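Structure showing silmitasertib engaged by 3',5'-cyclic-AMP phosphodiesterase 4D.
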Number of protein chains: 2
Amino acid sequence: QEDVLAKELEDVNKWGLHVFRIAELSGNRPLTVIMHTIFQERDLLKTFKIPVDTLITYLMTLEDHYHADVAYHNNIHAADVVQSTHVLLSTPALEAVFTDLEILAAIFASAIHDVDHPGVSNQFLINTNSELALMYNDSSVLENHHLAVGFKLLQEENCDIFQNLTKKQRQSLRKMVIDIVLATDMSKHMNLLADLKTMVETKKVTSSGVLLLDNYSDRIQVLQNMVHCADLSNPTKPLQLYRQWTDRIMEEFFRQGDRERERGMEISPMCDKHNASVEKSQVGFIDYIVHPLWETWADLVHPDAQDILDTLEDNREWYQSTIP
Amino acid sequence: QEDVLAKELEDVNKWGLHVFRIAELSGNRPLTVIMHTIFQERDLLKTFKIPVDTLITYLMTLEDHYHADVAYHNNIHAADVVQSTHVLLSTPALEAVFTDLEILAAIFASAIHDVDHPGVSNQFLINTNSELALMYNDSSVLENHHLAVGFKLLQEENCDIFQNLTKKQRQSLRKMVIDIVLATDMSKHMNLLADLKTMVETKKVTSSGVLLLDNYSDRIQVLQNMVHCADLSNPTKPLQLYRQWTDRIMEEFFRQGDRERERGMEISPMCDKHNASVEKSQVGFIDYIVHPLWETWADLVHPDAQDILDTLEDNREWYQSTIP
Ligand SMILES: O=C(O)c1ccc2c(c1)nc(Nc1cccc(Cl)c1)c1ccncc12
Ligand SMILES: O=C(O)c1ccc2c(c1)nc(Nc1cccc(Cl)c1)c1ccncc12
Ligand SMILES: [Mg+2]
Ligand SMILES: [Mg+2]
Ligand SMILES: [Zn+2]
Ligand SMILES: [Zn+2]
């Protein structure tokens, strides 16, 4: 089993990694083994003097604080978003564009971005007067919580993977990680996409053909959109992966709708298992959210993302075909 | 005691209320007695059907969560900002511009806006890796906490002063209160003032007198700047009031600087008791922050803020005269 898992992890640089199989082969530690593999691939342990035992201890603790009984927003999703961000970071149009600290921030942000997710939405937490919504004044409730937990866990025994960064490196990384995870709040999607469109329309490219990003605002905007794309990457994956992700988010949505029904609240969209259309919901999600985002990302890094966009368009055609 | 208490309460509608006397005559409950008196003057217990005993129970509970060993950001300051907001709400150029709910939101926001303040700044909390900064991801750390405490205390026994608001009224009040208190973060001052200035250059007014605000964005922005003005109203008050407030904020600042010194941190501006110029700092505070804010406000409600602006200019005159 160790051999086959190592074989599977050789695909860490590929879109379409068998992340559910890696979850199985790793003993439900996809986030730990995928993060560790990526950190070794990018030489991040040597670059930031991260003790390997500290890295594993933090990663296992972080993975533990994802909920194993949440169908979608769990450690497999976190590992998926981490690996997808890792691939997007390697795209040729971004070669040598980001520093080692920005790469570390984007990967760390992806790892923590949904930690301790309870499997219900921000609006559900707000409408039920949850403790979380009271703590965070109804504003990016979950995303603020994911950040707070992700950073707090660094203070557990032998968990401070950033112990050997300088003070300015720690300060800069913390700000970047916060800016990235707050951007995963879906209520910010339209604004994030509008800014990504503006950047594509005004794109500048250096003499070496890579993206020119000469200020923090543009650099962090690209990283925010990158992790957002990774978060919304399920419909761009091979269909056997996409359908499993769809099964899982529908189970989470239906369980939220069951709670909304039991409480006498209006049922959130796609959350009523009695009047649901899973296939129409996926086509509309692709048409109105995922394809607009990925077509814009593909424009930013053209032609690097052509195969990903082609898979997305094929999957939309397939889900559409199941409707008539 | 209670009848001398009453005659000074008589001028709750006047700039320059004797709040320190009121704090002494009330047994250190100025927030409770001033809030109660204001709700009667504006008929808020009747319009919103608030039980008078629940108003008092929550007010004493809220007042208790202000720190008695914090020289400035305590219950006396909270009572002063309440009373100043209450007066600014009667500006002629703003006669009933705001509905009864918006009036309630501005006054409630004023009461809770610094609750549980520890006497140190957001930057101190961030740079010391405090639990509060960890919870709130370095963003409006204190102001988010003030809100969360102020709302959580409503869930104590016989404290839900909003129990008889409709569910939509409770949701609308909550949103406005959050929008207002978050705007008291001094890091947002320039953005709030620039928008007040833009409103000035786009000011639409009647011939009858009043300002004309149609959309929620313009409206909440005036109330944000209103409570901001009340928060920064000390230098516009009669001089013997202003001088007492200055003694208290300098004591609080010096105690923070003593902590930045003993921890080896960079001492915040005005916090080094061995290198302080209290009078120069007041003149600078007025010149760069308080007067530009209050003169922009004065223009928006021209000319009802003329006397407040005059008194500020007089106090800047006097503080300047104390520099040799
Ligand atoms: O936040 C997540 O993790 C999250 C995760 C999954 C979905 C989502 C948000 N939002 C969806 N829809 C959506 C959301 C906002 C606006 C509009 Cl028009 C549509 C959606 C649809 C279909 N399948 C999965 C999702
Ligand atoms: O936040 C409060 O409660 C608060 C309370 C009092 C002061 C303050 C903020 N900020 C001051 N100065 C300041 C603050 C920000 C930027 C710049 Cl240039 C200056 C200041 C100066 C003098 N006296 C009292 C204060
Ligand atoms: Mg999320
Ligand atoms: Mg404050
Ligand atoms: Zn996610
Ligand atoms: Zn204040």
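Every chain is numbered from 1, with letters handed out A, B, ... down the list of sequences. Atoms considered below: every heavy atom in the structure, side chains included; atoms not considered: hydrogens, waters and symmetry mates. Both counts, for ligands and for their atoms, begin at 1 and track the order of listing. How was it done? The header gives X-ray crystallography, 1.5 Å.
The location of silmitasertib, copies and all, is ligands 1 and 2. The chains other than those of the drug that have a heavy atom under 4.0 Å from silmitasertib (ligand 2) are B. The nearest heavy-atom contact from the protein to atom 19 (C) of silmitasertib (ligand 2) is B/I289 CG1, 4.3 Å.
The protein does not reach atom 16 (C) of silmitasertib (ligand 2) closely, with no heavy atom under 4.0 angstrom from it. Scanning the protein for heavy atoms near atom 24 (C) of silmitasertib (ligand 2), the closest one is B/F285 CE2, 3.8 Å. Most residues around silmitasertib (ligand 2) in chain B come from the UniProt domain PDEase.
The single protein non-hydrogen atom nearest to atom 7 (C) of silmitasertib (ligand 2) is B/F253 CZ, 3.8 Å, given as residue, atom name and distance.
UniProt lists residues of chain B as binding AMP; of these, a heavy atom within 4.0 Å of silmitasertib (ligand 2) is found for B/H73, B/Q282, B/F285.
For silmitasertib (ligand 2), the nearest UniProt active-site residue in chain B, with the shortest heavy-atom distance to 1 Å, is B/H73, 3 Å.
The closest protein non-hydrogen atom to atom 23 (N) of silmitasertib (ligand 2) is B/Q282 NE2, 3.1 Å. The residue from B/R248, B/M270, B/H73 that puts a heavy atom closest to atom 2 (C) of silmitasertib (ligand 2) is B/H73. Silmitasertib (ligand 2) is never approached by B/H189 to a heavy-atom distance shorter than 4.0 Å. Among B/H113, B/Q123, B/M186, the residue whose heavy atom sits closest to atom 14 (C) of silmitasertib (ligand 2) is B/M186. The residue-level binding site of silmitasertib (ligand 2) (heavy-atom cut-off 4.0 Å) is B/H73, B/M186, B/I249, B/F253, B/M270, B/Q282, B/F285.
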